[PDB]
**Q** 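This file holds Mineralocorticoid receptor with esaxerenone bound.
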Amino acid sequence: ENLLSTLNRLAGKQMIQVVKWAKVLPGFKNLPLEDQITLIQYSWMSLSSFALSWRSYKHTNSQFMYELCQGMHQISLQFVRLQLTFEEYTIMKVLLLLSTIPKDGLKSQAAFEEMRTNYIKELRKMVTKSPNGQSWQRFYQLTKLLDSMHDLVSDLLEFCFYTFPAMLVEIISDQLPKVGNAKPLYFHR
Amino acid sequence: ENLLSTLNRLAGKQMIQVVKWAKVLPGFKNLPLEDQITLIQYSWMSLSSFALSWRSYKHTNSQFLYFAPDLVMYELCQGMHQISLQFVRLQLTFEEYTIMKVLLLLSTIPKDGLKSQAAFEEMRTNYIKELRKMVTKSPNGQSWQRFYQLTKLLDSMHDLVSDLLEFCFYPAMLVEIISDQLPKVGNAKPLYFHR
Ligand SMILES: Cc1c(C(=O)Nc2ccc(S(C)(=O)=O)cc2)cn(CCO)c1-c1ccccc1C(F)(F)F
Ligand SMILES: Cc1c(C(=O)Nc2ccc(S(C)(=O)=O)cc2)cn(CCO)c1-c1ccccc1C(F)(F)F
């Protein structure tokens, strides 16, 4: 009984710490607030898998739902193969945040597409400086890894839409709403 | 101890029922979501005063401030009771209430301006026009007169609550119901670098 509760409570501790991180990313809180929410929601499983596999690779050197956990452990091993930088994690994290959208599209697809492109360019630039042994190779791998991140979580998004709150919506809109200062509008001066 | 708790809990019951009402108003949920929130926030005391004074005039014919059927500070309540009496003077229609309510919702903004001042200014204008049209059909006893009164009444509604906005300032509930229908949660399209 106790196990599945704690992971849904750690999931919650982090989902609030993701918001705080995303809200410094350039041009995020400059998106529509509808979209901020949608983009964090849709990404979350891609985002978590990466983050978990990362802390595997960093903390216990890729040592520590076994159908489903096996994937993450497998990626954390890939991280050692690539000797992934932090830079490459934080960028690839952002990219995952922007890799899952609704088929409908977002409020401002135009704004979103610039942001994603902006970041995809950061990666491009960032691997004409940290490859191994040319740049184009490093790019092919980091990209294909981000893709396989979707495949890992491919069939487990419906199975989340169950577990998928009033918590985060508080912290996202928190800083953006702009609450003495009030200007009332009169019909006669 | 018990009194001031219940009014802050009736305030909360209504704050959620305002959201649901606003979200059918034409061109509201078409505003920025930042603005929906700001507009409901800033208006709330203008909005409540009108609504309370209205249920006075409708339910008990302007005798007691009918806070609810579950309930049939006097510096401040005196104002509302005073307005509810004005309502009888004008024999205010429901139409005139619901429109004037919307106008109050769009009558208080931050001096900074909203995310989409342009969008907001069209909305307000749109509704100010509804009034204008709506009192070239329900006056008494010419149209221009009825406008002067309903407008000056919406103004006095700001004066009534003039100094009590700080005292309100100085939640996670409504933010849930506003964004509720607007965010658009199987359907997911993941974006691949290689097909
Ligand atoms: C533990 C967990 C987490 C989690 O911790 N995620 C996380 C995301 C980002 C970061 S970051 C970028 O480094 O801040 C850190 C952590 C998300 N979920 C899914 C909940 O809907 C679960 C969960 C719940 C129930 C069963 C199974 C699992 C699990 F996903 F673990 F398999
Ligand atoms: C009761 C109340 C209400 C209230 O019920 N408002 C309301 C708004 C719209 C509608 S509608 C359009 O018809 O749905 C109905 C009702 C708002 N506040 C202010 C709270 O910040 C209080 C309150 C709390 C504490 C002390 C004093 C008061 C009071 F305002 F009453 F003086």
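Within every chain, numbering begins at 1; the chains are lettered A, B, ... in the order of the sequence lines, protein sequences first and strands thereafter. Numbering of ligands and ligand atoms starts at 1, following listing order.
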**Q** Give the letters of all other chains that come under 4.0 Å from esaxerenone (ligand 2) at a heavy atom.
**A** B
**Q** Which residues, given by chain and number, make up the 4.0 Å heavy-atom shell around esaxerenone (ligand 2)?
**A** B:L7, B:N8, B:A11, B:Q14, B:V18, B:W44, B:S48, B:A51, B:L52, B:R55, B:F67, B:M80, B:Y97, B:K101
**Q** Specify which UniProt domain of chain B supplies the largest share of contacts to esaxerenone (ligand 2).
**A** NR LBD
**Q** What source species is reported for chain B in this deposit?
**A**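 The deposit names Homo sapiens.
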